[PDB]
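Structure containing imatinib.
Residues 567-688, 747-914, in that order, are what chain A shows, numbered as in the PDB entry. Excluded from the calculations below are hydrogen atoms, water molecules and symmetry mates; all remaining heavy atoms, backbone and side chain alike, are included. When a ligand or atom number is given, it counts from 1 through the structure's own listing order.
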Amino acid sequence: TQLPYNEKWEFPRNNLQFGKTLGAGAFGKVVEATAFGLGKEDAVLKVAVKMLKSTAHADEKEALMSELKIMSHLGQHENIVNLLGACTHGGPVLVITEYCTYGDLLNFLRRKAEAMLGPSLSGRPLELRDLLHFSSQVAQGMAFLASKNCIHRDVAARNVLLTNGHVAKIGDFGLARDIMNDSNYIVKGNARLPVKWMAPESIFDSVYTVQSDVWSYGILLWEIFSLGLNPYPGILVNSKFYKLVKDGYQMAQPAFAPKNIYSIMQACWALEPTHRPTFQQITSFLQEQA
Ligand SMILES: Cc1ccc(NC(=O)c2ccc(CN3CCN(C)CC3)cc2)cc1Nc1nccc(-c2cccnc2)n1
């Protein structure tokens, strides 16, 4: 965008020691690293570093810079993936963020479920309160983005990261996601879209607002209280699916959701955008439950 990059984030690329890859897309990837003398307190930290692959070209580079500019503009919040620094001089653009010990929320829930079933068939197990905290925290992060007039457009469990103390943060893999081979992204003409997460006005009118994010959050809520099931499971995205969503078809109550939380999901799925709850409403409600 036309936003400026502030060099207050500038970090020496030689002060990074790279480790394993945390995720990889077609033209970008995220790599774990250690930063030496990062931040006000000169900390020595494990961080995440987004960068372009050798396959990337000019457009991919302009996108990575825009993402960096946006993250600066956003500010910092406990429930988003915070920008820690950047390397824009003397080499490829490097974007440095917080490292989240437990990875994405979706995989975490799935592995946790398997580990809990283990004793019967094959750290501590999840309780309902953990799910409420996760949901509450993601809502706080989304409410923060909404207060900045910032539209996420891909709210989902795969884009939520869990850090120390199991605190959920909302992020965006962007170039570091392999959408080309991801079955959660459907080929809708020009682009590949997370259709099962999208609001009807987004699907049909290409309209993205804070409210269409609220819809997608409802789908996320479903993911959490089913412990990481695919939305609309078994249902092929086609003309019938599109028409169904448009006529108010909604998923059934997840196995682990209290009627309370499922009512919240349904509210998020109001066909009329302005009838859906705000992120601050969702936040206040969930905080009390948790
Ligand atoms: C390294 C990096 C660089 C950038 C980002 N970006 C964001 O987190 C983000 C969040 C919100 C926005 C807002 N944006 C507004 C416009 N719309 C269209 C998109 C959203 C942009 C970027 C995250 C990361 N971090 C990241 N990415 C993937 C995986 C991991 C990761 C994995 C495991 C452990 N620790 C970290 N970490």
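Bound to imatinib with the largest number of contacts is the chain that UniProt calls Macrophage colony-stimulating factor 1 receptor.
Most of the residues of chain A within contact distance of imatinib belong to the UniProt domain Protein kinase.
The PDB entry identifies the source organism of chain A as Homo sapiens.
Using a 4.0 Å heavy-atom cut-off, the UniProt ATP-binding residues of chain A near imatinib come down to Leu588, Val596, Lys616. Among residues UniProt marks as active site in chain A, the one closest to imatinib, with its least heavy-atom distance rounded to 1 Å, is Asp778, 6 Å. Neighbouring residues of imatinib under 4.0 Å (non-hydrogen atoms) are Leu588, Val596, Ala614, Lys616, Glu633, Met637, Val647, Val661, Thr663, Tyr665, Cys666, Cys774, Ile775, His776, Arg777, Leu785, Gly795, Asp796, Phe797.
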